[PDB]
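Notes follow the structure.
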Amino acid sequence: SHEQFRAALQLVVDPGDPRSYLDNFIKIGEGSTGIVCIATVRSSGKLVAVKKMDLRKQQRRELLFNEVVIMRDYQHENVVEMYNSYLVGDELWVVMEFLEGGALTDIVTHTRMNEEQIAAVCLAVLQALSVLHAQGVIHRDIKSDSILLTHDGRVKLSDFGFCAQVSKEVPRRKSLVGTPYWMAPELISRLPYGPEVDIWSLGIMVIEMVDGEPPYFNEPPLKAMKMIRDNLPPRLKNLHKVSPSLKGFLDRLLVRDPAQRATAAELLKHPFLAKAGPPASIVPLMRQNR
Ligand SMILES: O=S(=O)(c1cccc2cnccc12)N1CCCNCC1
């Protein structure tokens, strides 16, 4: 079965081996589907990222094709640029843009963002989601770990390994996918769902940005899911630490009934996002500057 899948991947990826033009691989990250290294382009001295995913180490091996469909069809300003894909031994390698500012996780766990900064992030993410949802693409793993930054504060969506497409022929998805603490209620309830689940997950990320952790983060994953499924929408630790504008925004995200939840398109017009600062406003939050 493994050799069968190797062959299948070979027919969709680029030919060759990026080790022929890259030097000095250094591991910088570990994700749900594999590791991420920086590498130096020999000819230019430029830095790229290389995501390496072991075919044998996947829960759902077929989801590896998501990397390919996204790379081919859904490139965008607030989405990480993907350059080439390769089959290297038993691994799928994706050579992509290096986002040197790192992931939003490092910021939310170590510093407190103000609302100019939170609004900047939300605006960037919602811009990406509005375009993706309009083409039927659902990300399904929105969380601070999936948001990457450039050195000058530009925000980009990454980690599309769990995404799916809906359409007239396939209006809803049914799969149990994502990261427990960020999963929408209807998804946990095993109801057919749509792009609305990304909006709930963004709400949880707003809580990350304000409080530093998602709700129920101290609980075990399976217990947290049960609590998300059963209880009223999760609450901020301290409501006084958010403006009424941000509270009103968050209230449109964390709605249990998917039909009543705001869409990305509608949220781009919300007053809270008027507070959004330029990318420069994010820069002082990064490790190399604080
Ligand atoms: O920052 S990453 O190293 C990362 C991922 C994908 C592309 C990247 C591009 N440049 C820097 C870091 C990147 N990352 C590890 C996996 C899951 N945890 C957080 C994300």
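To match the PDB entry, the residue numbers of chain A are left as they are there, and the shown ones run 300-589. In listed order, ligands and their atoms are each counted from 1. The figures that follow rest on heavy atoms only: side chains count, while hydrogens, waters and symmetry mates do not.
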Out of interest, what does the PDB call the drug at ligand 1? fasudil
What's the chief binding partner of fasudil here? Just the name from UniProt is fine. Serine/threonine-protein kinase PAK 4
To check your reading of the model: name the closest protein heavy atom to atom 18 (N) of fasudil, its residue, and the distance in Å. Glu329 O, 3.9 Å
Under 4.0 Å and counting heavy atoms only, is there anything from the protein next to atom 14 (N) of fasudil? no
To check your reading of the model: name the closest protein heavy atom to atom 19 (C) of fasudil, its residue, and the distance in Å. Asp444 O, 3.4 Å
At a 4.0 Å cut-off, with the gap strictly under it, does some heavy atom of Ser457 reach an atom of fasudil? yes
Atoms of fasudil, numbered as shown, that sit under 4.0 Å from any heavy atom of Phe397: 10 (N), 11 (C)
In chain A, which UniProt domain contributes the largest share of residues contacting fasudil? Protein kinase
What I want to know is whether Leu398 and fasudil share at least one N or O pair that is separated by under 3.5 angstrom. yes
Please list the nearest protein heavy atom to atom 3 (O) of fasudil with its residue and the distance rounded to 0.1 Å. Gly328 CA, 3.6 Å
Which residues flagged by UniProt as binding ATP in chain A come closer than 4.0 Å to fasudil by heavy-atom distance? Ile327, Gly328, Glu329, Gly330, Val335, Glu396, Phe397, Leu398
In the protein, what heavy atom is nearest to atom 7 (C) of fasudil, and what distance, to one decimal place, separates them? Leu447 CD1, 3.5 Å
Enumerated fasudil atoms positioned under 4.0 Å from heavy atoms of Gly330: 16 (C), 17 (C)
In terms of heavy-atom distance rounded to 1 Å, which UniProt active-site residue of chain A is nearest fasudil, and what is the value? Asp440, 8 Å
Which atoms of fasudil are found less than 4.0 Å from any heavy atom of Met395? 7 (C)
Report the part of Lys350 (side chain from C-beta onward, or backbone N, CA, C, O) that has a heavy atom under 4.0 Å from fasudil; answer both or neither where that applies. neither
Shortest protein heavy-atom distance from atom 5 (C) of fasudil, along with the residue and atom involved: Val335 CG2, 3.7 Å
Need the fasudil atom indices (1-based, order shown) with element for anything under 4.0 Å from a heavy-atom of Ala348. 9 (C)
Does some non-hydrogen atom of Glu399 fall short of 4.0 Å from fasudil? no
Tell me: protein heavy atom nearest atom 12 (C) of fasudil, and distance? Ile327 CD1, 3.7 Å
Show which residues surround fasudil within 4.0 Å on heavy-atom distance. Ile327, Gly328, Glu329, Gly330, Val335, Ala348, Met395, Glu396, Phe397, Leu398, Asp444, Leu447, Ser457
Please tabulate, line by line, the atom pairs linking an N/O of fasudil to a protein N/O at a distance below 3.5 Å, with the distance in Å to 0.1, or answer 'none'.
unit_1	atom_1	unit_2	atom_2	d
fasudil	10 (N)	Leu398	N	3.0

